[PDB]
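Presented below is an entry in which one can find S-thalidomide.
Numbering of chain A is taken from the PDB entry, so the residues present carry the numbers 321-349, 360-427, in order. No hydrogens, no waters, no symmetry mates; every other heavy atom, side chains included, goes into these values. Note that ligands are numbered from 1 as they come in the structure, with each ligand's atoms numbered from 1 the same way.
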Amino acid sequence: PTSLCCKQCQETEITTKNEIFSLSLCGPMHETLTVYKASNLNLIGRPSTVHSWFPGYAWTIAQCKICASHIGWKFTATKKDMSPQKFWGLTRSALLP
Ligand SMILES: O=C1CC[C@H](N2C(=O)c3ccccc3C2=O)C(=O)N1
Ligand SMILES: [Zn+2]
């Protein structure tokens, strides 16, 4: 009901609408849903900064633990002074609803 599940298998809650936050800037200074917390995702490989959509963070591929759908990435901060130190960037179209 606040629940966002893997679209492919519909078994797993991946996150909730409660966890949604926005790193995008609201002044003169979408497709990716960023959430503080998520569940039921397996991380693949190791963090990389190449082409990172969120400068300062590295990414690790995250897939649904049940059906292996590529749902998004775990983003991890490269510096200790950043907040959050970690979040999830989730492909909206890989989630239901
Ligand atoms: O922060 C991110 C997550 C990974 C994402 N990524 C991809 O989605 C992709 C597809 C094919 C070749 C290379 C990449 C790449 O780095 C990307 O470009 N930046
Ligand atoms: Zn799944």
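- Within the model, the positions assigned to S-thalidomide, copies included, correspond to ligand 1.
- Here, the main chain in contact with S-thalidomide is recorded in UniProt as Protein cereblon.
- Residues of other chains with a heavy atom under 4.0 Å from S-thalidomide: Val380, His381, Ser382, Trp383, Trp389, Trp403, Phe405.
- Heavy-atom proximity to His381, at under 4.0 Å, picks out these atoms of S-thalidomide: 1 (O), 2 (C), 16 (O), 17 (C), 18 (O), 19 (N).
- For atom 4 (C) of S-thalidomide, the nearest protein heavy atom is under 4.0 Å away.
- Given atom 8 (O) of S-thalidomide, the protein heavy atom at minimum distance is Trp403 CZ2, 3.9 Å.
- Residues of chain A that UniProt gives as binding (S)-thalidomide and that have a heavy atom less than 4.0 Å from S-thalidomide: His381, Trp383, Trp389.
- The bulk of residues of chain A touching S-thalidomide reside in UniProt domain cult.
- For S-thalidomide, the atoms sitting less than 4.0 Å from at least one non-hydrogen atom of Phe405 are 1 (O), numbered in the order shown with element in parentheses.
- Protein heavy atom closest to atom 18 (O) of S-thalidomide, with residue, atom name and distance, is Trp383 NE1, 3.2 Å.
- For atom 10 (C) of S-thalidomide, the nearest protein heavy atom is 4.0 Å or more away.
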